[PDB]
Amino acid sequence: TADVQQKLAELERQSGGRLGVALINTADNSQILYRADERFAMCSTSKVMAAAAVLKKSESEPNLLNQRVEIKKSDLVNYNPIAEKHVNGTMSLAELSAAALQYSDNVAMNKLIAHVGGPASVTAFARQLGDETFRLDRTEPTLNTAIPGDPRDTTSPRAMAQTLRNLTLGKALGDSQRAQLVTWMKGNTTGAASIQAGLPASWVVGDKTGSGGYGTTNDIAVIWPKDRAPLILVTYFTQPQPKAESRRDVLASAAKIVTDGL
Ligand SMILES: *[B@@]1([O])O[C]([C]C([O])=O)[C][C][C]1[N]C(=O)[C]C1=[C][C]=[C]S1
Ligand SMILES: [Cl-]
């Protein structure tokens, strides 16, 4: 408890940056919190809320996920690993959700944002869930600038852990939609060096990463440990220098520290 706090503080100092952690353990309703009420730039971890907003919308529009969306050269941004393969064709909203969540595709994220009515609509959805901390201000790519002191496109680790718990394990979404979100997150391709890297190989993880300005390196996860109740873990990290390098190792270390001895 105090041991874990000290270990997180030592990791943070060694890292040179600012670390935010929230773990919810659904075994006993306990938490581990470190700067859990401070704001951090979400960066690509915000893609979970945008996909969830589309899933919510689909509850009253049962054919929504099949809807076709044109991909054009004008849609391309800075990071288009899936979308660049589909220029001059269409992708379904399901495909765009999967591309955003599993490959962190920024065009896909922009199409999800646009569909549901823009960043203020994704934010209003967060409010409807009871999350009064989340704010999505901008589209891709600018939502990742992560300037220190800038509250745009931020949330707290506590808020995001509670919200992710509600989305993946609770009743924010209908059963089909929740299952789809969990399926997409379990199939993520981008997370193996982050939270997953600090957990035993046998544990099952659905996570969403993000990388941004000021070396901002983030991951949010739902975790099914071997023969245990699930966990929700948010690890946010950001650094003082604009061109700081990614530090996914810091997220792995934080994950190890807060799950040790479970
Ligand atoms: B996102 O924050 O994270 C992605 C990688 C990941 O999931 O680990 C890549 C796309 C996103 N980040 C960016 O677009 C990078 C920046 C844009 C403006 C400043 S940094
Ligand atoms: Cl192992």
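All residue numbers refer to positions in the sequence shown, counting from 1. Side chains included, hydrogens not; waters and symmetry mates left out as well; all remaining heavy atoms used. When a ligand or atom number is given, it counts from 1 through the structure's own listing order.
Of the chains in this structure, the chief binding partner of ligand 1 is, as the PDB entry puts it, Beta-lactamase.
Drug identified at ligand 1: vaborbactam (bound form).
Atoms of vaborbactam (bound form) found under 4.0 Å from any heavy atom of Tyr79, numbered from 1 in the order shown, are 9 (C), 10 (C). Covalent bonding of vaborbactam (bound form), as deposited, involves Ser44 OG. Near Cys43, with a cut-off below 4.0 Å to any heavy atom, the atoms of vaborbactam (bound form) are 2 (O).
Nearest non-hydrogen protein atom to atom 6 (C) of vaborbactam (bound form) is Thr209 OG1, 3.3 Å.
From the protein, the heavy atom lying nearest to atom 20 (S) of vaborbactam (bound form) is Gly213 N, 3.6 Å. Neither the backbone nor the side chain of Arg138 comes within 4.0 Å of vaborbactam (bound form), counting heavy atoms alone. In terms of protein heavy-atom proximity, atom 2 (O) of vaborbactam (bound form) is closest to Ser44 OG, 2.4 Å.
Under 4.0 Å from vaborbactam (bound form), there are no other ligands or ions. According to the deposit, the organism of chain A is Klebsiella pneumoniae subsp. pneumoniae.
Considering backbone and side-chain N/O atoms, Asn78 comes within less than 3.5 Å of an N/O atom of vaborbactam (bound form). Residue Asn106 touches vaborbactam (bound form) through its side chain alone, judged by heavy-atom distances below 4.0 Å. Atom 12 (N) of vaborbactam (bound form) has its closest protein heavy atom at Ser211 O, 2.9 Å. With respect to atom 13 (C) of vaborbactam (bound form), the closest heavy atom belonging to the protein is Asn144 ND2, 3.4 Å.
When heavy-atom distances to vaborbactam (bound form) are checked against a 4.0 Å cut-off, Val77 has no atom that comes that close, whether in backbone or side chain. For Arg248, the closest heavy-atom approach to vaborbactam (bound form) does not fall below 4.0 Å. For vaborbactam (bound form), the atoms closer than 4.0 angstrom to any heavy atom of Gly212 are 20 (S). Short contacts between vaborbactam (bound form) and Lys208, defined as distances under 4.0 Å to a heavy atom of the residue, involve ligand atoms 7 (O). Closest protein heavy atom to atom 17 (C) of vaborbactam (bound form): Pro141 O, 3.4 Å. Residues with a heavy atom within 4.0 Å of vaborbactam (bound form): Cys43, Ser44, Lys47, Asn78, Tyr79, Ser104, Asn106, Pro141, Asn144, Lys208, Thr209, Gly210, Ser211, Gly212, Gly213.
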